[PDB]
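Heads up, this one has ivermectin in it.
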Amino acid sequence: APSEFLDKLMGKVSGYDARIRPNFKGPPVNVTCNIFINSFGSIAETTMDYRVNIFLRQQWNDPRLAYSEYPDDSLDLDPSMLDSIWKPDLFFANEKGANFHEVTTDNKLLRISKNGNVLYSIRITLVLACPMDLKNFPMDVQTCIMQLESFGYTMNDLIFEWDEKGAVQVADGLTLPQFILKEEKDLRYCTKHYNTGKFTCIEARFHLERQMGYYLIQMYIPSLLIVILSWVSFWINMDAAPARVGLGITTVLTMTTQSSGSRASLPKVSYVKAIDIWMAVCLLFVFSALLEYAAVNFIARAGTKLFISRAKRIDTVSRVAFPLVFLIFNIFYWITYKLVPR
Amino acid sequence: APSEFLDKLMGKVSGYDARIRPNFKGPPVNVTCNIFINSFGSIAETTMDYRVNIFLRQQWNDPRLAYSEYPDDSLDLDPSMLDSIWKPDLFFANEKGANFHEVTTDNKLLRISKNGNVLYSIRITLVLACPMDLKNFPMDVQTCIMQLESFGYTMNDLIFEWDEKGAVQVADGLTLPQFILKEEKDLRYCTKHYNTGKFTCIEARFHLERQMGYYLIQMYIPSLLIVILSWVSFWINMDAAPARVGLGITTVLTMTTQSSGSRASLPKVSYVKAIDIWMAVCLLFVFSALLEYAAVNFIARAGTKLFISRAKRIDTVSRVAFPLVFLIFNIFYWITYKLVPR
Amino acid sequence: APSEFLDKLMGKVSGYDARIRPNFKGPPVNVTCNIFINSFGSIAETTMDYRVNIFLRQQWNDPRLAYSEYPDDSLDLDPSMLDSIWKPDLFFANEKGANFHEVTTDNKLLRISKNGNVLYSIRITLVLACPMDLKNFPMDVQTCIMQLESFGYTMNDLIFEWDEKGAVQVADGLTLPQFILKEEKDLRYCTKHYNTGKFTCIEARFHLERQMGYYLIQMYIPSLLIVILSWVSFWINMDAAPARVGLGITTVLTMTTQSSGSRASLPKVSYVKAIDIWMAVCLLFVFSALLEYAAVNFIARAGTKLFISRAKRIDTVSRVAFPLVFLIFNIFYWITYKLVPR
Amino acid sequence: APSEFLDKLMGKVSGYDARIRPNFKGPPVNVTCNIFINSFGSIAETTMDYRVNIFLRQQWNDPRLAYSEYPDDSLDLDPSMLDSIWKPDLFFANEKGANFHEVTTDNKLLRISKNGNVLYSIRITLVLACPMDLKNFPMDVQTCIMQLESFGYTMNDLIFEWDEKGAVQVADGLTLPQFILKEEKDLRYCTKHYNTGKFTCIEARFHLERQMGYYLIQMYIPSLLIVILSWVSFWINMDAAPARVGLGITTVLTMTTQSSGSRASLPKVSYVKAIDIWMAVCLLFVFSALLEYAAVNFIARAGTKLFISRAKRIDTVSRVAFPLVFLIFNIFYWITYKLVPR
Amino acid sequence: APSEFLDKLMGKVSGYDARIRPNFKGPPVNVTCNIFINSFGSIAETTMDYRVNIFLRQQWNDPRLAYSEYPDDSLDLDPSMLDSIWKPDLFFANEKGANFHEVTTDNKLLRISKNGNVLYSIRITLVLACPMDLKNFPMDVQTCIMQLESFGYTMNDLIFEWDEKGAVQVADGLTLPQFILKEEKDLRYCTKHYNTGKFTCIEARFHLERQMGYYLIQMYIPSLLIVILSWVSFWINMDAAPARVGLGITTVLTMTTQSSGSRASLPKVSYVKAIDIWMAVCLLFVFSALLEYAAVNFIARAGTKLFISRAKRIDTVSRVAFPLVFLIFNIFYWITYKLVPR
Ligand SMILES: CC[C@H](C)[C@H]1O[C@]2(CC[C@@H]1C)C[C@@H]1C[C@@H](C/C=C(\C)[C@@H](O[C@H]3C[C@H](OC)[C@@H](O[C@H]4C[C@H](OC)[C@@H](O)[C@H](C)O4)[C@H](C)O3)[C@@H](C)/C=C/C=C3\CO[C@@H]4[C@H](O)C(C)=C[C@@H](C(=O)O1)[C@]34O)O2
Ligand SMILES: CC[C@H](C)[C@H]1O[C@]2(CC[C@@H]1C)C[C@@H]1C[C@@H](C/C=C(\C)[C@@H](O[C@H]3C[C@H](OC)[C@@H](O[C@H]4C[C@H](OC)[C@@H](O)[C@H](C)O4)[C@H](C)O3)[C@@H](C)/C=C/C=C3\CO[C@@H]4[C@H](O)C(C)=C[C@@H](C(=O)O1)[C@]34O)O2
Ligand SMILES: CC[C@H](C)[C@H]1O[C@]2(CC[C@@H]1C)C[C@@H]1C[C@@H](C/C=C(\C)[C@@H](O[C@H]3C[C@H](OC)[C@@H](O[C@H]4C[C@H](OC)[C@@H](O)[C@H](C)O4)[C@H](C)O3)[C@@H](C)/C=C/C=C3\CO[C@@H]4[C@H](O)C(C)=C[C@@H](C(=O)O1)[C@]34O)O2
Ligand SMILES: CC[C@H](C)[C@H]1O[C@]2(CC[C@@H]1C)C[C@@H]1C[C@@H](C/C=C(\C)[C@@H](O[C@H]3C[C@H](OC)[C@@H](O[C@H]4C[C@H](OC)[C@@H](O)[C@H](C)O4)[C@H](C)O3)[C@@H](C)/C=C/C=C3\CO[C@@H]4[C@H](O)C(C)=C[C@@H](C(=O)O1)[C@]34O)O2
Ligand SMILES: CC[C@H](C)[C@H]1O[C@]2(CC[C@@H]1C)C[C@@H]1C[C@@H](C/C=C(\C)[C@@H](O[C@H]3C[C@H](OC)[C@@H](O[C@H]4C[C@H](OC)[C@@H](O)[C@H](C)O4)[C@H](C)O3)[C@@H](C)/C=C/C=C3\CO[C@@H]4[C@H](O)C(C)=C[C@@H](C(=O)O1)[C@]34O)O2
């Protein structure tokens, strides 16, 4: 009897056809699909893509599946039965490849309401290639988008609509080590025009903000320290050229290395990153320090002690100048990027 | 005759249906599942996931499979027969992808007791994404969790229960090169609430403790050595500025490199790692050493021999001071992290 | 009735055979295929290949599929039905491996016009091995080619023709981080002669131009800076040999490192890259600077003050000479590669 | 007729059942299986696993397959026929994943003797995770083990036995770039006890010895050279502090780098590697050299020429001492690890 | 009618059996197979394997497929039909894994001549593990071999023969960035003896020669340059110890780094590479230069000006000596490896 009902509803009997669209030659089937995202992982600037595995819940009703037989409002069909019924055909457009998880049983959940409402749920792993603007790199906000489109049928045949309440849910305990996701999530329609015809698509937005802890600790602090080293360099007498030339050279080299280190993590990009203007100014200051020492030597290795007194003056006034120029730059710098954002 | 019994029990005859849940429209099927874990491998902080391949043994009884025909209490069915019978549908929630091992035969073991108890065993390889807190990195205890949930049916239909005795077993000879697993294993229920309904889950806990041998040998000892180099630097006369500036610079650079080296292995993280406070203090001491030499020079390059005597005093008192401040820091440091843990 | 038409047109009835070519033993089937390319990604010089995922739209008409039954000009058949009809067999020749995207439904779109025109669309991910000439590396234009050939039948049986209008389309918002694609796209026939017979092929051209921003910021500027360091080195008195030897050595070493850094990204290649002539000249200038200092010392460590005056002359005239020789080289250099291209 | 015999022996006729074990409800089936190993490849200490692809030849007789029809002692059945007959189910326990090679035809060889002896051969690629002890790393002997167990049936049902003569064969021309395999091969039974029951297993042993050429050339020689540099450092007068401090520092730094270099290849391990005691002693000697120079300076920068004469004595006696202490250490070192092994 | 002929020739009618070998119980089937290689790619010394994707064309005639029905000499069967006919079973022995390309249609080409000659063509991607001798690394000739063997049947059943004319063809435009392939190609039989029996194999030879451009530009030139730096070092007066010690140390360090750099690309190997003798001699010369400076100091820091004159003599005679010893070594070196090869 219970098997007999799976056989009666879905059997060849009643002439049910998998291939034919529900309510065919008529109003477009409306699919309400909401996604529950388990995790973001392996977000890489260089690879340019981010991994997310999601439950996809799509709901479409067809009149023909509706049954008067059982008391229960919704009956849970077997996962295999699902291969038999018509399914809405939905591919991630930017998907860059994706896979089901078939571990143990195939992971799929389907249930038919007596009304004829169908609930269909699948667990997918997605790699998604999102374009991301690095115009200001360290502290930027990046938007990651996923758009679900129907490759099979045109606009008149099929439509996608987000669920009116709670269209995208996130894991209760989900955190990203590198970025923080924002509670506010934008959802917006799109319509794709292709040579073949117009295909429906719906896209979610995700907003992610870069954690400043790691970059502060790694990128900025050593720069600050190295810049301190020039400052301590100034106090040593000009008579010892090696100590000054040694500090200047060593510091400029280290700044070079520190600068490349930032570059290795990132994808190769034409426009100047904020990190680059920071490195350019730090390097400009150490180079200017060595430059000042060079000028002091040009005056000192030249001649008369009156000039050497002049140079002992420029030493003090310089040592007072550099922390001020660096500090004022720093102040002027932080406001634009980390304050009044967007 | 023996084939005739596989054909009689599992045949179309008797109207056995694969798709229908055992004891349908009634008390939820109870699955007692215990796992035997062959190995942990490729645990990587950066990838954030750990590999484990496990035997999964799940036991559920259904009345309809029960047979009075044979003398034997448990009969071992063919591995293919398994595709025909109803199986409890169980997916690892955090699985991040997983695969069966089909090498030679498909690796699956099933047996039916005359009572109707079914024993079902499969060999799976799992990658598992466990969130791990690095708040104190080198010596931390990390908890790795795996939760088994039923994607197919709600709470009223199906339930998972760990076996009362020996729910998780480990290989007799299993060792992890990086961590040690703890004999005490916590097992605790969870219930998942999703928009679709409430799904049963059961989760194991694994506790892993970081081996301090490698990090002691690699991370800490070279730091100690480099800090010794400042100490030997102090004894050289202040008259030779290059030897002192050379030692100070070289040591601070090496400390910088040593510090980055720790960072390369780890995933990028916002909160300060214990290794970082260690590096910060070591670097602070070498920098303070160079700083003291700079002050000594400010007094020395300045003027009168009374001051130079003053500086020869500060040399000795400093050389006595640094091992004490470093030693007291070290003592104060170890207690918090490696003593009175958690 | 609607199922009955899928059954009538494609049924065993009417004796339709999948295996037989349309209009068999006659004029070669003509396939008009246009591709819509979603993205280029992971273009790597070292791996030598570039990833592109494309929609492939191929159109061939066969008389036998044509139907008089429906009012609609084009009817959209089910994606599975596609396995039944004869398909033009088309493999990417240089494909180096490729995969369909079967996520959710298999992603395939097919429709039959009453005329008998068939539209067939598939979404594919391609890795493509394109040979690329590095003769001038940093600023080069690279051509990436994909050729679609029929492995199954000879020229007399089958032919490929690009669509007369809009044979290749690109995503409206598509950008490549490393290169820019050019609007002008060349399309040209090819015919392959193999021992078996002659097979049709059609190949698209893509032209890509290297972004000069990243290489300017990374490769060239540090070179400029390091070359500046020699210039500042000259001013320090020759009396201090260490400062001069220190600057010369340090700079030549850094130039060595900078040079290798360029090499690591690129595939190993026999012919000299433009970047290499740039590095060779920069290194030649720093080496020549140190060389001049060495000559100055050979005169200076030798003897009489008249010679030392001679050397103080060569210092000034040299410091005036080096920026001129470097600047004139730079000017002479840029014209060939970034100006009057091809 | 020849097809008729495949149809008669393996047909539904005679009531042959694939699922049922040979000689069912009786003495355990005995499988004699010998392996021919094509190659070892990609043996990596860090990944901890080694690749081997093997032919597996397993022989079990069943009475029912035996035929009186043909003259030939052994008849070669079609590779597909193999799917129909019962196969012994054998999975590599530590397999960590493995794959068949299906290129061209599926690669499988089966033949049935009239006696009823069945020869079954398959070509498999295995990744095998072998635990390996690094207690003395550079020159160690490592044992790699593969154990073949039956996941399907208990001890009473099935048994594995190595072939009495030539159970494991190796390719005639097989060589490993990193290790050498030893002709003597140990083969030993194991029995696995699991909660389900006792399962048969048979394990091969492979013994591999590390090639000392590469590590001698790479690891040890540069250490020797750097240690020579301290020796040449001693001869330079103590009056020039920079040359001595320069050599001491530079050499200790280089030793640090050389030491890390060894570490990068290896998996992270708690226990001290032999390479580490070697590095510790080399570094101890360079550090002791710099230390002696520091003491000499403490005496020299202090005061009276009688002390400076004392120091010129300690220079000579030291320069005589260091090659002796290093040489005697070297001698004492090599004996334990490369002599009287195990 | 045309379908009726596929049904008549290959139908169950006429009692055609896929499983049975052509001309069974008789003279061994003779397969003439020629390969057309599209590309070599990703040849890596470290991975030890090289990728090649090839068309495999194998020709065997069977009497039973021969038909008198059509006028055409050769008829092209459908790619699926191929699964039905008997195929020669041919696996690459060293294949290390390989895959078909199933993109769009499965890529397979088959045609049956009325004579009964069958032409069968498949497109395969192969990874091939070739053993390669590095005894002289930079400029070596390496032979890469692929051997095609029949795993299914013995010598008496099946045989492989290369096509008498043009057995291996190469792409008209094929080039390898790292090596050049030689027009002369050796083809030679092999017979494999295994415990099971004797299996036929045929192997192609490929000869590849290393491009000297990249290694000249990268490996050798910087060595030459660094060796020049010692030469320029000699001219500086011995009075400044730091400039000489600085140049000697810096150069020996850089030589160390340059030496390791070569090692990173290559697989770990016991026997001494030619590149190693080159590095050993270069390093020996820089070390000998520093050594000579040390001796000069032992004489100079010692005492009387007559000795200092002696040392100013050894300076000149040395500076004349080193370019000669290095040049004569270079000459003596190149002849063995790049001249009179093999
Ligand atoms: C003339 C430069 C000399 C050598 C000066 O160098 C120094 C010191 C003083 C010298 C006189 C140091 C140098 C920076 C320069 C000053 C330059 C800048 C602050 C910026 O660059 C300028 C010019 C540049 O166009 C030549 C321009 O880019 C274009 C590219 C695109 O158009 C096609 C477009 O997007 C738009 C038009 O922008 C830029 C906007 O503006 C800044 C971008 C450069 C930073 C420099 C660096 C950043 O990572 C490098 C690395 O970390 C390293 C090793 C050293 C750094 C350095 O060496 O920093 C570094 O190379 O000062
Ligand atoms: C002012 C710093 C100057 C340059 C001082 O530098 C030195 C020497 C003396 C200078 C005056 C050396 C420097 C450390 C500083 C002292 C700083 C610390 C001990 C710590 O940082 C402070 C400030 C920091 O917030 C600015 C704060 O982080 C926040 C981040 C998050 O909020 C958004 C939150 O999680 C919480 C609020 O915590 C921290 C807790 O506390 C410590 C974290 C820094 C260690 C420094 C380093 C660790 O890896 C780096 C690397 O190995 C390297 C190359 C050098 C190191 C270094 O250069 O170490 C390094 O960069 O002293
Ligand atoms: C004699 C050289 C001495 C050591 C000189 O070195 C320096 C300084 C002065 C010394 C006297 C520095 C050196 C370059 C040389 C001058 C050489 C060139 C400008 C070029 O090379 C010459 C000769 C070379 O054939 C020996 C020839 O290649 C052939 C190869 C192929 O035939 C089989 C064919 O394609 C065609 C015939 O071309 C070339 C065309 O032309 C240039 C190619 C070399 C650049 C050098 C380098 C580029 O990356 C290297 C790296 O960044 C590094 C660490 C240092 C660089 C360097 O060390 O640069 C570097 O190694 O000058
Ligand atoms: C006090 C050390 C000072 C800094 C001394 O450092 C130097 C010079 C003189 C200083 C006074 C140099 C230093 C070694 C020390 C002497 C130490 C050893 C020879 C060994 O270590 C000792 C102590 C160590 O337990 C603290 C102990 O490990 C335990 C770990 C486990 O228990 C939990 C267990 O398995 C068992 C109990 O063993 C060890 C057995 O025995 C040796 C192991 C250390 C070698 C050092 C190094 C090896 O790779 C490192 C790297 O290449 C580098 C950059 C420098 C090396 C160095 O710096 O070498 C290095 O760090 O001497
Ligand atoms: C005693 C050596 C001292 C330290 C001398 O070092 C220097 C300078 C002068 C010192 C007195 C420098 C040193 C080489 C030596 C001279 C040695 C050689 C030219 C060669 O080696 C000798 C001895 C060696 O067996 C100990 C032997 O190998 C065996 C291995 C196998 O048997 C089991 C077998 O295959 C066969 C018997 O061959 C070899 C054939 O012959 C040469 C091979 C060594 C080259 C050295 C190096 C190559 O890459 C290394 C790297 O780039 C680096 C950082 C420095 C190099 C170096 O340091 O080079 C380096 O380590 O001279």
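Here is how names work: the chains are called A, B, and so on, in the same order as the sequence lines, proteins then strands, and each is numbered from 1. In listed order, ligands and their atoms are each counted from 1. What's counted below: heavy atoms across the whole structure, side chains too, no hydrogens, waters or symmetry copies. Header lists the method as electron microscopy, 3.8 Å.
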Exercise. Which macromolecule does ivermectin (ligand 5) make the most contacts with, named the way the PDB entry names it?
Worked result: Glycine receptor subunit alphaZ1
For this session: Give the letters of all other chains that come under 4.0 Å from ivermectin (ligand 5) at a heavy atom.
Result: D, E
Exercise. Which organism does the PDB annotate as the origin of chain E?
Worked result: Danio rerio
